[PDB]
Amino acid sequence: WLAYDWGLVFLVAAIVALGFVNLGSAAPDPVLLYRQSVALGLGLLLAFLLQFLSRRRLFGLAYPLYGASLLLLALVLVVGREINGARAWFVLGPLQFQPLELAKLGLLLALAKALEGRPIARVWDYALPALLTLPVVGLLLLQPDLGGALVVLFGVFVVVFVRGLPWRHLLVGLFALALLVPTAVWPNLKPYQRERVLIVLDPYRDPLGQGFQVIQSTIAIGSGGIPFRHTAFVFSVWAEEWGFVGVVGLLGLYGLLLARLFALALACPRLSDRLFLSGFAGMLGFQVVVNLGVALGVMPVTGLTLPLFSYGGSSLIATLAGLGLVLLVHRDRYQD
Amino acid sequence: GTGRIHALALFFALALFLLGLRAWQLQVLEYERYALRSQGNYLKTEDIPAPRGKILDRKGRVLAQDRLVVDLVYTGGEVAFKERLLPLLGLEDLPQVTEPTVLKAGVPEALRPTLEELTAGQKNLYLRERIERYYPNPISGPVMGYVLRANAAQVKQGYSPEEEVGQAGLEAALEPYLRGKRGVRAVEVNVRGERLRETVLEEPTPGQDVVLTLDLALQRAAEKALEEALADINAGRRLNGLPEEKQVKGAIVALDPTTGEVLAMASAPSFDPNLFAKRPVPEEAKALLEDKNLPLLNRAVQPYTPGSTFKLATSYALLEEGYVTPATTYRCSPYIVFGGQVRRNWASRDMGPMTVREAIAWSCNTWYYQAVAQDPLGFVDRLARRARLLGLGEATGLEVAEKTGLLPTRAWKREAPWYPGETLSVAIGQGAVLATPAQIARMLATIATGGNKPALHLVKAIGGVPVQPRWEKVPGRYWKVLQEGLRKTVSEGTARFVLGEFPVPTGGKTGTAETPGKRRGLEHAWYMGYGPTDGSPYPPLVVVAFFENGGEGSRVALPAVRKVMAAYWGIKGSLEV
Ligand SMILES: *C(=O)[C@@H](NC(=O)[C@H](N)c1ccccc1)[C@@H]1N[C@@H](C(=O)O)C(C)(C)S1
């Protein structure tokens, strides 16, 4: 129907354009550039196929996808592959899939279809989303995956922050939970774990945080014009070579990206479209402010990549498929 | 239903603004911190070693420190200007070895400038620098102690292997205060491969300097006075037929009774703290750890049998409970029958009528037999009440690791089953009344001050903060009686021949402890002694000397205190010149 928002598509295209340009120096392995190019082809073809669907059919599979995502998060801990101390991938040769992507895209639909009704703001307002969130995070902390769990909790927080808004009861609840849980984990934490957590806060410990400290010095190399990994540190490679007048260009595109995602979230009159696009833009923007915060030496290391800018076998496809659902509910914001 | 989304849009907008402001900080405000000299030079990051704190006593004499260790290493075997090096080094030849080898370890401050001019910055000749803990005025190990590198279990606690962990009695207590922050730096490396500019990213804290209450003057005399006791220990054991047992098992403590500061503490057989420190793997230190004796343990804080030193507290518990007035009448007979067996006296003839002052003087044992025989079952519990009140059961507050002093009560014997004949042996100190020389020195300091029960602390000040001494008072209605009996021991009792003609009027009490092993004539040598009982312009001082199985406290421990007391008040010997 050609009734999309081409401004959002141009912002995504401009970011993934600089991503392929930046991967020219960051890991210049031609074998890696092949698997990244064929990932963009499938990531764009899948979004083109998701446009052959209606919004009613999308939210019709909210509970099916949520129930199926819980089956994979419980199966990944059995027949999964351990890449970095955690099993969270399904690789059967030429296949590459992560169940955490289906959990996010499944929980946003399920929590939107569910919270379209009345939330009892008295006590049981948080009861329904917590009953749907803990089974997801619970099967993620048993991988373990702390970074992916924070994206889930932040997205669920965004969904509740749009419908619920228990501002007086939510902040006091967080301040209490943020003081009772550390008061219980710190005494039961081992010295191997206590120092590990303290190193996460203050990163000045070389045998583990040398590269993460080198990132702070690597970014400040060029102005006005060996790192650990390319995936978890695309920004440091890109910020080092392009100076500061460039960094504002990447921060600008991501700033304009989260703006149109929230702007298109407002154009939708339905509440479930308000919740779905808010949680998606919340989860997407949460990784960015966390990933770029790790590189700049502000946010603690969580092990997350830059969406639409990093090297991802499926993370690019899943991020594009998520944007396809964004463009889906926007052209269907009026019709029922 | 829309305003909350405007807030999230504003949130991530200000979030990316803070990141942009954070980048601008590193990019613009810190570009002078990461300059690369307009060349393809890489950047290497290295951590800065932490200067451990300096341990020094009062008056400023350094006792522990750490400086550079300059060594000469060379590989290849090129002569260079060796016609000058051979006489300077005194080797007369260059031993050609394949692996890198060290020549002249510990280059002095005079040879290093002469070597530096001859180093010429060549690839073969260089001067490696190292960090090692240096003790300019070594003090007895069991008190001072040693230093080792980070253990494998300690590495997981955030310790670098180059860091130095102190198992010492004194350096473990100060370890949280001596350790400095291991900083991190980064240096621009040229394409050739040299240092260009250093960049301090984490400033290394140089640790904190601890000021001790020990006096290096009294400390030398304390360790010295332990050795002449061996000549007295071997002399005493010679009359019994036992071997010379030349080992010097014992310790000594000298402290200020007023301010609670400890001035001299030494144990034997001590070791040299410089052994474990500077040497990578000293083979002599490995034998010290596997020693059949206890060369590392501080016998000043370990529990032993106090003997006649505990009877000073028995008299305190006897006067405060109201058992005996300060002018009671008891004849120091040679023998006393408790009811089952005969309690033996240290002597063999009748001494005469005595008081509490006279009983402490001549150290009569038959006094504490008749007096306790009145109420032997209830006094034992009240005895430990006053005993723990004087500082014999609880800790002394020392920074060094201290052992538990056991005081016997009726409740303790039930959990260990009590017999009435045990009280008399407990009254003198036989019934497992385990005490430590540190706790023993505190008990005398309480009676010397007449009520004040100060806390023993080696540290006078950490960094620059003067540590205030904590006091505590005990309810004592008759203090002078004990103080008079203590000097009556020096004036007329056991210490008559050593300290009778002594210039400073001293008081104290001798002590021997029938060892539980065989009771064959080699008791534990004990003697306590506090400072000027009279208003004589001499600073107060308490000294307590102990020797394992040394025997004859009047012959071994008593002269050991005379030596330390003479060193404190500056008592001249045969110096007619
Ligand atoms: C303690 O109050 C007295 N007796 C003992 O220490 C021992 N029970 C003892 C050892 C050897 C012979 C007889 C008794 C005094 N402690 C000694 C001392 O003051 O040095 C004493 C033997 C002279 S008497």
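Chains get letters A, B, ... in whatever order the sequence lines come in. Following the PDB entry, chain A residues are numbered 8-232, 249-359, in order. Sequence positions for chain B are given in the PDB entry numbering; the residues included correspond to 1-416, 420-580, in order. In each ligand, atom 1 is the first atom listed, and ligand 1 is the first ligand listed. Computation of the quantities below employed the complete heavy-atom set of this structure, encompassing side-chain atoms and omitting hydrogens, waters and symmetry-equivalent molecules. Method reported for this entry: X-ray crystallography, 3.3 Å.
Most heavy-atom contacts to ligand 1: the chain the PDB entry names Penicillin-binding protein 2/cell division protein FtsI. The drug observed at ligand 1 carries the PDB name ampicillin (open form). Chains with a heavy atom under 4.0 Å from ampicillin (open form): B. Covalent status of ampicillin (open form): bonded to B:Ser308 OG.
Lab note: binding site of ampicillin (open form), heavy atoms under 4.0 Å, is B:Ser308, B:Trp346, B:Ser363, B:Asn365, B:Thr513, B:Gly514, B:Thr515, B:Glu517, B:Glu526, B:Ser557.
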